[PDB]
Amino acid sequence: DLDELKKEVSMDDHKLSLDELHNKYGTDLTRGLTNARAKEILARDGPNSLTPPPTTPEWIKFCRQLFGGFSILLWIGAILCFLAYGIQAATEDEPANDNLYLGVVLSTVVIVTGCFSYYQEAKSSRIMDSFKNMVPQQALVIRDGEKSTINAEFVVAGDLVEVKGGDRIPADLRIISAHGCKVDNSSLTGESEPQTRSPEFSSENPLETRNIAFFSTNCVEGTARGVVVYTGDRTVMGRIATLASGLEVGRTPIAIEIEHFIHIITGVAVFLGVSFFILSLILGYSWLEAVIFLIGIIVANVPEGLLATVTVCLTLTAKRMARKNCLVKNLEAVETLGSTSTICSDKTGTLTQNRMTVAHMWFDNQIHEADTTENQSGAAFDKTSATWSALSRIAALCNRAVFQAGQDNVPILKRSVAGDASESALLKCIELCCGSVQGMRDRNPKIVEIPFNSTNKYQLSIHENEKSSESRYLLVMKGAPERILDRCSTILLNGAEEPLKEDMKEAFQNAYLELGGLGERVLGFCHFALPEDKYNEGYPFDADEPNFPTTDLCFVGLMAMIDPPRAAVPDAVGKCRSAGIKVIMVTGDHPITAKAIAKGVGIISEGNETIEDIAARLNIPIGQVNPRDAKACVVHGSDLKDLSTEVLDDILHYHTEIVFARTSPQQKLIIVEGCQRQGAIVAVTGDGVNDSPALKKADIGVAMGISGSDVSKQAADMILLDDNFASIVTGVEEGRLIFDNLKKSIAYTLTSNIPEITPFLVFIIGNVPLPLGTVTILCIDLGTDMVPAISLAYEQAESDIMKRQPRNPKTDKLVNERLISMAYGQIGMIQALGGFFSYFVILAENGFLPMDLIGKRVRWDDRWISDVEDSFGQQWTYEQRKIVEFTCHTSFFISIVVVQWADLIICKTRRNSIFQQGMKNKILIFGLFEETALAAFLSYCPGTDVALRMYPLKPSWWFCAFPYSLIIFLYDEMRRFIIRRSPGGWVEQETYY
Amino acid sequence: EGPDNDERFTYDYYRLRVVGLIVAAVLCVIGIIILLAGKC
Amino acid sequence: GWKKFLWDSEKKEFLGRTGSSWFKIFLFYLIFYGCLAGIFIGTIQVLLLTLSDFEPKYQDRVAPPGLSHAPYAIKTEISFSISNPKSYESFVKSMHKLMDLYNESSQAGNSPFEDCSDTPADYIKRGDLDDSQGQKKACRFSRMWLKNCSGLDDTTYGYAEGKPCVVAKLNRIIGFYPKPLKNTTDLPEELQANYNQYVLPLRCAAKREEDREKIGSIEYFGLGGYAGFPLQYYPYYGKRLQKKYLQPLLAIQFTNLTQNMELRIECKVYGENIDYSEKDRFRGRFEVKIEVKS
Ligand SMILES: *[C@@H]1O[C@H](CO[C@@H]2O[C@@H](C)[C@@H](O)[C@@H](O)[C@@H]2O)[C@@H](O[C@@H]2O[C@H](CO)[C@@H](O[C@@H]3O[C@H](CO[C@H]4O[C@H](CO)[C@@H](O)[C@H](O)[C@@H]4O)[C@@H](O)[C@H](O[C@H]4O[C@H](CO)[C@@H](O)[C@H](O)[C@@H]4O)[C@@H]3O)[C@H](O)[C@H]2NC(C)=O)[C@H](O)[C@H]1NC(C)=O
Ligand SMILES: CCCCCCCC/C=C\CCCCCCCC(=O)OC[C@H](COP(=O)(O)OCC[N+](C)(C)C)OC(=O)CCCCCCC/C=C\CCCCCCCC
Ligand SMILES: CCCCCCCC/C=C\CCCCCCCC(=O)OC[C@H](COP(=O)(O)OCC[N+](C)(C)C)OC(=O)CCCCCCC/C=C\CCCCCCCC
Ligand SMILES: CCCCCCCC/C=C\CCCCCCCC(=O)OC[C@H](COP(=O)(O)OCC[N+](C)(C)C)OC(=O)CCCCCCC/C=C\CCCCCCCC
Ligand SMILES: CCCCCCCC/C=C\CCCCCCCC(=O)OC[C@H](COP(=O)(O)OCC[N+](C)(C)C)OC(=O)CCCCCCC/C=C\CCCCCCCC
Ligand SMILES: CCCCCCCC/C=C\CCCCCCCC(=O)OC[C@H](COP(=O)(O)OCC[N+](C)(C)C)OC(=O)CCCCCCC/C=C\CCCCCCCC
Ligand SMILES: CCCCCCCC/C=C\CCCCCCCC(=O)OC[C@H](COP(=O)(O)OCC[N+](C)(C)C)OC(=O)CCCCCCC/C=C\CCCCCCCC
Ligand SMILES: CCCCCCCC/C=C\CCCCCCCC(=O)OC[C@H](COP(=O)(O)OCC[N+](C)(C)C)OC(=O)CCCCCCC/C=C\CCCCCCCC
Ligand SMILES: CCCCCCCC/C=C\CCCCCCCC(=O)OC[C@H](COP(=O)(O)OCC[N+](C)(C)C)OC(=O)CCCCCCC/C=C\CCCCCCCC
Ligand SMILES: C[C@@H]1O[C@@H](O[C@H]2C[C@@H](O)[C@]3(CO)[C@H]4[C@H](O)C[C@]5(C)[C@@H](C6=CC(=O)OC6)CC[C@]5(O)[C@@H]4CC[C@]3(O)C2)[C@H](O)[C@H](O)[C@H]1O
Ligand SMILES: *[C@@H]1O[C@H](CO)[C@@H](O[C@@H]2O[C@H](CO)[C@@H](O)[C@H](O)[C@H]2NC(C)=O)[C@H](O)[C@H]1NC(C)=O
Ligand SMILES: CC(C)CCC[C@@H](C)[C@H]1CC[C@H]2[C@@H]3CC=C4C[C@@H](O)CC[C@]4(C)[C@H]3CC[C@]12C
Ligand SMILES: CC(C)CCC[C@@H](C)[C@H]1CC[C@H]2[C@@H]3CC=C4C[C@@H](O)CC[C@]4(C)[C@H]3CC[C@]12C
Ligand SMILES: [Mg+2]
Ligand SMILES: [Mg+2]
Ligand SMILES: [Mg+2]
């Protein structure tokens, strides 16, 4: 799978002859191949079917979810715990099982997180499998001179293949004979209108010539013949799909943030361990013990529950997305939208609707606009003049297409219509604000029609007049406005008729250039009342000689048409630009249309100008103007092929409104890479196969759901099942909101760290009875704490999030030193002091004053000293003093909960005050209530001092942590005040997360 | 007091546990009330 | 990277900040932590003002007293060879440490010691738990009372020829009055003979029914010759109100001990305000694993 030969732009053998072609692959132009020869080739190289994707077994991704970066840290933690247990078992008799419990618990945490994360990605895969609807397809091949329809998988290189309007081009064909055949090259090349396939050659680029039919394309109207040049995966879209599969994946921004987070957590963990290791060796302890101390401090500095909390955090924002029809396949792709700063979009199928629609109309010397939006939510065009009625009769009659049988259910715009795209657009507009065309058509019987001619350049027909008072004959004709203008002499103004003086002839010329400059295609409609005296009701006007007056007709008005954009396209583009997101158009369509759609959706703000526009406004050559005075630029693909790396960098560095036109899929990929080389996150929004290599390499791909291709849908990371583009705005909003909350929750789960390690540190340095046990630290990190941390996600915005500029990746991180200074430095310190306060209180009330506790651990622990004197002279047995130590662990844990109250409240908001935002978050309130109920339950239920070793508390102790909590609240409140009044000051660059 | 000062070494942990559970229960209920109040 | 984030010379930065920054941050942390320390200290002083110097507010974690002994056994086992002297040194050293506090030289004068009944007697109340009267007075407890285990005659105390001693002791509790079982028809078998109301009985036996036979004659030594603690040595007024206070002691000689075999001996005190625990094996009773291997 050579990628460089797949990265290259397509080459071909188009510029040849029919003899050279038949001489290279071997084939009868009039008899085709022989069946024996056909099978000899079928077996020689492989069926004409793309390779299936590389199947992913479910145990592989389950093992994937069991690993990663965070789960790996918890894995090494479990490993360390079991190592310390082994050492204690082989070195000492009666080894405590604290470490073995902590290790099996960490392993269970990793396994449970893996099960949940895996279950979600499978849910998305099932709803994803319900979209591949693959109905077998059979082609028409000519062998031995006979026509046969065989499965698409049996076509080979060389046989003759015939196509018919409505069928799909099987393989890559070389047209040999056509009959007004048109094909839809929208998915592969990106051409909105049907390009006619002619046996003659026209352009050096194979995608532009008409003598080649392509894979996955469809023949709209006409029939054609051709020799199969390319077959199977070796086809154009085959090389594109194989390239898409052979591209790497990447590493999202949220993952890099989690990685640098673990980097800091381990920095401070191994620092505290190697240091308290040298310190313990300096105080006399033996090596065997110091090793256990090192492992204990490092393992203690690992967040066991932050994994489940972060996973649930990410999972919550994804359901909100699935409620508005925005589905993500992975789980972290939910944050990438908010961090995006440059959106590369596609035109055909993404920025537009890929359906021709009647846009503007000319009548009564006045331009009228029609609604060109999917759900028909706009402005009507004043259907009260007679002129409009006559126009409806012209277009509704002089038109041969009709809705496909059985569409009585779909809406007027989404139904199937058999015919050209122009007659279809006209039929839909008339059927839209003029009611049923089928009765409008049977109300006036068509007598004789002369089909569109290459010389006449017009389509005309005569029908009877339904006026029950006028039995005359009606004649209607449509065609190019220039040709029809040369055939009129009257004008239907507001109903009456008038001459064609040059005043209205010039008004017709300016109208023609107005609709033309709009990137639209205009047509002219005229009609005339045939005198029943010179052509009675019995006379038959056979289509042979001049039976109808070509000139002296009555022109009624022009009718333009173009593919309109989706409803929320302009508003969404404006919203993205408001958020500081650079919108760059990248499409393989004609630049004259790309520039118009760009200006219509907001990519090229009205007023900005290109170098050619300046040369045209001044009437000077283009080589004279300076390119710095042009904000927006239209880069052609042909020119893009010849450009250096620095040139592309400068194109993106100096032009704010860029539009890449006529760019191949490979060039699309080159453009995405050119955006990444600098340092910005990229999101590519597309629909066809040409977008597959662009959606894959982009930081985040957005594929359309209804109008998208299966390849680009399988290679994308986010799917828009409703084809609504406003979902992108919703996504960029949610991506930010869920970010500021992760910061708050992380500071919360990190603040408790300190009051959990300090007891042990003072235990080794000061030799006091152990303050915080192991089953209590576990009841804090994995119990009470979980609900509050999960609730911190439901926090609403503080300021407008859709207003600030995108976060800088190289400077504004997720976990900086400003957070560590708060959690580990200021709040956690106060919480630790409160815990030690409740501790000393419990031991002072039972008889052990603070002066006699320093220096006791050797006898306080000894299991054979049944006479330990306290500050008053009483003798305490071993089990009696241990019961008090355990009751001190219970109250220490309760003190933690008490200080966590004020920590969850000061963590709710990062800048704003509590009296401003408000306690409207019901989940946080529930977290506080439950957090308290669990602590009371663990202490007061019978049999806990047996099972978990937590004894009941005497009601006066529960109040030893209250002052510390109020102080935490007042300190953080004054903190969040100087930041507001003093922007950019010390408190901000020192304490603002 | 004097010789029969047995009360000086007794504590009614039973009554304390009963009350502490009543209270935990109440706080738990209140919590649920707040949580579901609005979805009805 | 490596070098710059350490010291750049254009912005004159060290590790990241300038000179005035490291100072602003260090000064802030010093003031902050100083306030934190002062607050914690104030909240601990009010705690010292909430407690009394003559009595522990809560005395429920020490209601049923323990029963400890003189030798320091690692796993409640006494194992030593009658030939090798460097085998029972750890025992004699401790035993000695305990009896070294009942020396007569220590107990002398009228202050703060007082001569009490040579025969078990009743309680003695030296008033309340106050400082009104000065330092209360405690009864004298002589060494010699313990007859063959006193280290005054056979320093070793027994361990020299297969006849060890075990000095039992009742855990000191403030304001605790020991109360013995009354003479009514329900009383253990053992306790019936010699019912001096004034004596708290201590009686040792064998854990298993088999071992009875292999344990010979338990000879107890005490005040008055009884196997118990005289009620006159109570209550204890606490260190502050009674420094130089001696708790009674009871010696137990395990004469006629079978040689080369592990013996499980459980000693137990009997009384009203005395209750045992299946979890704490030192509450009221105690266990010893003697093995005089020679
Ligand atoms: C409480 O009483 C303890 C015993 O008191 C003795 O008996 C009472 C009834 C009175 O008569 C009293 O006056 C007696 O002293 C008392 O402990 C004793 O302290 C002395 C002084 O250090 C010790 O004497 C020294 O003995 C060693 C060898 O000891 C051997 O035996 C003991 C057991 O008894 C073992 O533990 C040892 O390892 C030995 O196996 C002598 O080598 C040492 O020599 C020193 O003195 C000589 C002159 O005699 C000098 O020439 C040397 O240079 C040395 O300076 C002493 O003779 C005595 O051993 C010790 N008894 C015990 C049983 O340990 C204790 O201090 C008192 N405590 C308080 C708080 O009042
Ligand atoms: C029994 C007793 C109990 C003991 C309990 C102890 C509890 C432990 C509590 C806290 C642990 C402290 C450990 C150090 C934490 C430092 C945080 C840290 O390393 O965070 C990482 C940051 C990175 O941040 P960023 O990503 O935003 O960078 C972006 C840079 N861009 C964008 C320019 C490229 O790196 C930086 O900050 C740069 C590194 C700065 C390192 C400073 C080291 C100071 C340590 C000790 C000083 C002691 C002196 C005492 C004497 C004072 C004089 C009187
Ligand atoms: C000595 C002991 C020390 C203890 C220290 C720890 C303390 C931590 C615990 C509690 C601290 C409570 C702080 C009180 C803050 C009140 C703030 C407040 O009231 O600000 C008013 C807000 C603002 O409104 P607005 O103008 O934006 O509205 C606009 C409406 N529009 C849009 C329609 C116009 O109004 C709102 O938020 C809406 C109404 C919300 C009402 C909330 C009431 C619940 C408050 C606390 C729950 C109790 C927790 C107890 C935990 C213990 C468990 C055992
Ligand atoms: C929206 C959904 C709402 C759902 C809310 C659910 C809340 C559930 C509320 C209560 C159920 C809790 C479990 C009940 C346990 C009953 C235990 C019991 O009745 O024990 C009685 C006996 C004690 O007898 P004794 O006094 O003679 O013993 C003397 C022992 N001497 C003398 C040797 C010291 O027990 C013994 O003997 C042996 C003791 C056995 C230990 C069992 C304790 C289980 C340990 C940990 C599980 C707790 C996890 C926390 C889950 C939180 C969920 C929110
Ligand atoms: C959604 C909100 C959830 C809230 C729940 C709170 C989360 C709790 C988180 C961590 C706590 C789990 C730690 C497990 C501790 C096991 C301790 C253990 O095994 O100790 C072994 C002890 C032996 O002690 P010894 O040597 O002194 O015996 C001497 C006996 N002599 C002397 C008489 C012979 O044996 C005994 O106690 C025997 C009785 C066995 C008791 C097993 C109790 C298991 C408790 C919890 C496990 C299930 C929790 C799942 C919920 C997860 C929530 C996310
Ligand atoms: C905005 C957020 C609102 C949040 C509301 C949450 C609802 C709170 C729910 C319940 C709390 C009430 C608890 C009452 C329990 C009394 C039970 C009792 O009988 O307990 C007696 C103990 C004395 O025990 P002992 O050791 O002396 O005897 C032990 C004797 N043995 C052991 C021998 C038996 O006493 C005790 O537990 C004392 C109980 C604690 C006293 C409550 C203090 C209230 C603190 C601040 C609230 C102030 C509100 C001011 C109004 C402002 C309006 C604008
Ligand atoms: C032992 C002592 C006990 C004392 C108890 C005192 C209780 C006092 C009770 C209520 C306090 C008064 C209500 C405050 C209402 C203020 C309303 C308001 O308009 O506020 C606005 C200002 C912020 O203005 P800005 O210019 O920064 O906005 C900048 C906005 N931008 C950024 C968009 C430009 O807000 C602020 O200043 C808020 C700053 C307030 C900081 C004081 C905190 C007081 C401490 C505790 C309160 C008690 C609650 C807990 C109960 C415990 C029961 C045991
Ligand atoms: C049990 C637990 C108890 C805990 C109680 C804790 C109380 C201690 C609270 C605060 C003490 C710390 C004060 C430190 C003052 C020296 C700091 C200093 O040297 O600062 C210098 C700067 C002035 O330099 P610059 O910005 O002009 O230069 C620009 C330079 N460039 C560009 C780097 C920004 O100072 C500034 O900005 C002004 C900023 C001053 C910091 C205000 C922080 C106030 C926080 C809390 C006070 C509230 C206590 C409430 C307690 C109620 C108890 C019931
Ligand atoms: C949507 C609406 C939802 C509403 C739901 C409402 C749920 C119901 C709410 C409350 C129920 C209250 C039940 C009160 C039970 C009292 C039991 C009790 O007082 O037992 C105490 C005694 C043990 O005393 P001791 O002498 O061994 O003490 C030790 C003495 N030393 C150690 C010094 C020797 O019990 C014993 O002997 C026998 C104990 C037998 C086992 C009883 C099981 C109780 C365990 C859990 C039930 C509590 C759940 C409450 C809900 C909390 C939600 C988080
Ligand atoms: C000086 C030393 O002190 C005692 O041992 C000490 C080391 C070791 O034994 C343990 C049990 O393994 C340690 C363990 O290492 C680390 C912890 C699991 C740690 C963590 C909490 C957490 O969440 O993550 C890590 C905090 C303390 C801890 O909970 C226990 C506490 C009991 C202790 O026993 C204490 C013995 O008395 C020993 O004999 C004597 O030599
Ligand atoms: C101490 O135990 C010994 C047994 O070890 C007792 O003496 C034995 O008595 C039996 C008769 O009952 C004789 O057959 C043995 O020969 C004796 N052995 C020895 C070594 O004397 C002795 O009576 C016990 N003494 C006490 C006071 O209990
Ligand atoms: C919003 C803030 C101010 C509310 C603070 C509520 C505090 C004071 C409440 C919450 C839970 C309560 C405790 C819950 C349980 C018990 C056990 C019981 O046997 C005595 C009361 C006691 C000890 C309560 C005392 C008051 C208490 C700590
Ligand atoms: C708001 C903050 C900064 C106030 C902190 C006040 C500090 C400095 C005060 C509060 C309580 C004070 C202590 C209270 C009691 C004693 C005992 C006395 O025998 C010596 C002084 C000493 C040790 C005091 C030293 C100063 C102290 C700790
Ligand atoms: Mg497209
Ligand atoms: Mg991707
Ligand atoms: Mg932790």
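To find a chain's letter, count down the sequence lines: the first is A, the second B. Per the PDB entry, chain A residues shown: 31-1023, in order. We number chain B the way the PDB entry does; in order, the residues shown are 4-43. By the numbers in the PDB entry, the shown part of chain C spans 12-305. Counting starts at 1 for both ligands and their atoms, following the listed order. When reading the values below, keep in mind they use all heavy atoms of this one structure, side chains included, and skip hydrogens, waters and symmetry mates.
The chain sharing the greatest contact count with ligand 10 is, according to the PDB entry, Sodium/potassium-transporting ATPase subunit alpha. Per PDB records, the drug at ligand 10 is named ouabain. At a heavy-atom cut-off of 4.0 Å, the other chains in contact with ouabain are listed as A.
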